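Featured here: a structure holding voriconazole.
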Amino acid sequence: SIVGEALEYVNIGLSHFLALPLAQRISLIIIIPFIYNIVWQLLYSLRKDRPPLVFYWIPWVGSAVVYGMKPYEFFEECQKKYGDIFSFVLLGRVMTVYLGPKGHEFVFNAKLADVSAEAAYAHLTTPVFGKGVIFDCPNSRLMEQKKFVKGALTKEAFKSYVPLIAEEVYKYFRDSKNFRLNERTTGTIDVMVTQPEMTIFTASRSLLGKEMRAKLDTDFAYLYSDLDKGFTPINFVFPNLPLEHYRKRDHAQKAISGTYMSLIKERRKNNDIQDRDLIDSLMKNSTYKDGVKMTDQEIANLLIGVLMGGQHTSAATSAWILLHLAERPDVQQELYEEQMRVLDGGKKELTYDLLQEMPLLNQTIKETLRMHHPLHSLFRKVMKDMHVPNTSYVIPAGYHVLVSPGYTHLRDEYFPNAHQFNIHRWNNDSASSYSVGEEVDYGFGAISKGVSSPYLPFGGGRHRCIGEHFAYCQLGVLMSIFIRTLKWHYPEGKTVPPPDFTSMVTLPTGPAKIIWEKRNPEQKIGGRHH
Ligand code: HEM
Ligand SMILES: C[C@@H](c1ncncc1F)[C@](O)(Cn1cncn1)c1ccc(F)cc1F
């Protein structure tokens, strides 16, 4: 009755294994993790305290390809098979998705102790933005940064921003090669070229000021492009490796944060600190509640982060607005009439207050954000085991949770005929968003306590957007002027492009071209240009 002799053959087997020919060793080096992965998934499927796990063939990679390319189609199939809670493996991480309004509640209103945004995102954002801000700091520091930034985003600030943003749009119609309205009465444009440029010109001028805007007229502009390239999903898996892409990013962050710091120390030197812009505002208001001041480097870093985030969501969105309106001359006509009524045939100057009396214009923004949530997925890293209410499911620490309000935006259940563009579904409901009941303050002002609205373009809970009113102001001024100045349509045979879901925001697949025409071919934009 000896089993020790089997224990010998274990040792013998280990030794024969290590002496296999290389062609068999390498072969096993592949085949063993493969086989184990399959065996492990099958075993996992037995657990009742775990949501269903999407099956996958390639270890570590998981469902990355189909999630990367077609995430809403991936979610819809998964939802059909498993219901609203399911997991899937993604480049080494386990993502637990919770679709629908209950998922919105589960993730956006999760306790600070249970989940972490910075543990999910910092490896992406910190190299691009800089140290000490956003996700390179505790949540309570982020809470207060948002509060500081929000202090320059007031009604009175928006009133002074509107004419600056308008000036920038008109200058862009005047000077950009894409328009030249004093020289051309019609032309073709790629909206993925024009919208990122108009967005940076308008956001710089208003949030950063004239100096920083003037800088965009120089080679300095290319640093933003460089810094921009580092803001990609590839940094999500390979945040640092010695390629040139990574060094131009690092250099740009230094050069740009350097430029903001120079301005700041200049203003403080001359005591030229007023109430013009976000820089003025963070110079007067950036001391945390424990007495610690933000450094000039941290202020600069925060400016980069805020502008870059606001850059991509807004540029994506105005691109989509243009793209949906290009096959909807009926809606352009309707918007044009509202412009004529609110601005007295154009004899009134556009102001912030008049912007608020343009419901059809804001409804168009609202509907575009419904069909095109620029962030298709939001993540948190799970920090403690989470029990899913009314289920037997437990999400263990180390998993990630993924929420996707953009997906629910496209469901017929919540939005009848959700794939049709219809600004009138928001009739009598043109607010950018609104809390349906009770409110709470996490540090940056009172916001909706419930996050169960099927429409959640700005998220909710402690990580909620603070730029929505600035985005509406910017998009509003911009579209008010496009509409009053131009008509536009598609080249023959072209229609609304499909989304490119592989980028950081879900911009349209380019080239996305429209043909524009002056409503008033003889109208001229004044001012000087070289
Ligand atoms: C159409 C435009 C925009 C949309 C749809 C949008 C959307 C969002 C969403 C969904 C979040 C929540 C992120 C999460 O829960 O993980 C967020 C957060 C945030 N956004 Fe926006 N955003 C827009 C424009 C802007 C602009 C223009 C700014 C700045 C001027 C801005 C600044 C911020 C900041 C500072 C946060 C907080 C991040 C956090 O607490 O984790 N956003 N935004
Ligand atoms: C972290 C980042 C993000 N990017 C992509 N998928 C998910 C994300 F959370 C983002 O939320 C995007 N964003 C939101 N509003 C504008 N931009 C963000 C927030 C604050 C910020 F200062 C800069 C910034 F990029």
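Using the PDB entry numbers, chain A covers 6-535, in order. Remember, it's 1-based here, ligands and their atoms both numbered in the order they're listed. Side chains are part of it too, since the values below use all heavy atoms of this structure and drop only hydrogens, waters and symmetry mates.
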- Specify the chains or ligands that represent voriconazole. ligand 2
- Message: Trying to figure out what voriconazole is stuck to here - the chain with the largest number of contacts. What's it called in the PDB entry?
- Response: Lanosterol 14-alpha demethylase
- Query: At a 4.0 Å heavy-atom threshold, which residues contact voriconazole?
  - Reply: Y126, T130, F134, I139, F140, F236, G310, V311, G314, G315, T318, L380, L383
- Item | Atom indices of voriconazole within 4.0 angstrom of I139 heavy atoms, with elements | 22 (F)
- Pull out every atom of voriconazole sitting under 4.0 Å from any heavy atom of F134, numbered as shown with elements. 23 (C), 25 (F)
- Message: With heavy-atom distances below 4.0 Å as the criterion, list the atoms of voriconazole near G310.
- Response: 21 (C), 22 (F), 23 (C)
- Query: At what distance is the nearest protein heavy atom to atom 11 (O) of voriconazole, and which residue and atom is it?
  - Reply: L380 CD1, 4.1 Å
- Which voriconazole atoms, with their elements, are less than 4.0 angstrom from a heavy-atom of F140? 1 (C)
- Task: Please indicate whether any nitrogen or oxygen in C470 is less than 3.5 Å from any nitrogen or oxygen in voriconazole.
- Result: no
- Query: For atom 19 (C) of voriconazole, is the nearest protein heavy atom under 4.0 Å away?
  - Reply: no
- Item | Where voriconazole meets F236 - atom numbers and elements under 4.0 angstrom, heavy-atom basis | 25 (F)
- Message: My question is simple, although I want it checked carefully: is atom 7 (C) of voriconazole less than 4.0 angstrom from any protein heavy atom?
- Response: yes
- Message: Is atom 1 (C) of voriconazole touching the protein, meaning some protein heavy atom lies under 4.0 Å away?
- Response: yes
- Just need the protein heavy atom nearest to atom 15 (N) of voriconazole, so name the residue and atom and give the distance. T318 CG2, 4.1 Å
- Considering heavy atoms of the protein only, find what lies nearest to atom 24 (C) of voriconazole and give residue, atom and distance to 0.1 Å. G314 CA, 4.0 Å
- Message: Just wondering, does anything else (ligand or ion) get under 4.0 Å from voriconazole?
- Response: ligand 1 (protoporphyrin IX containing FE)
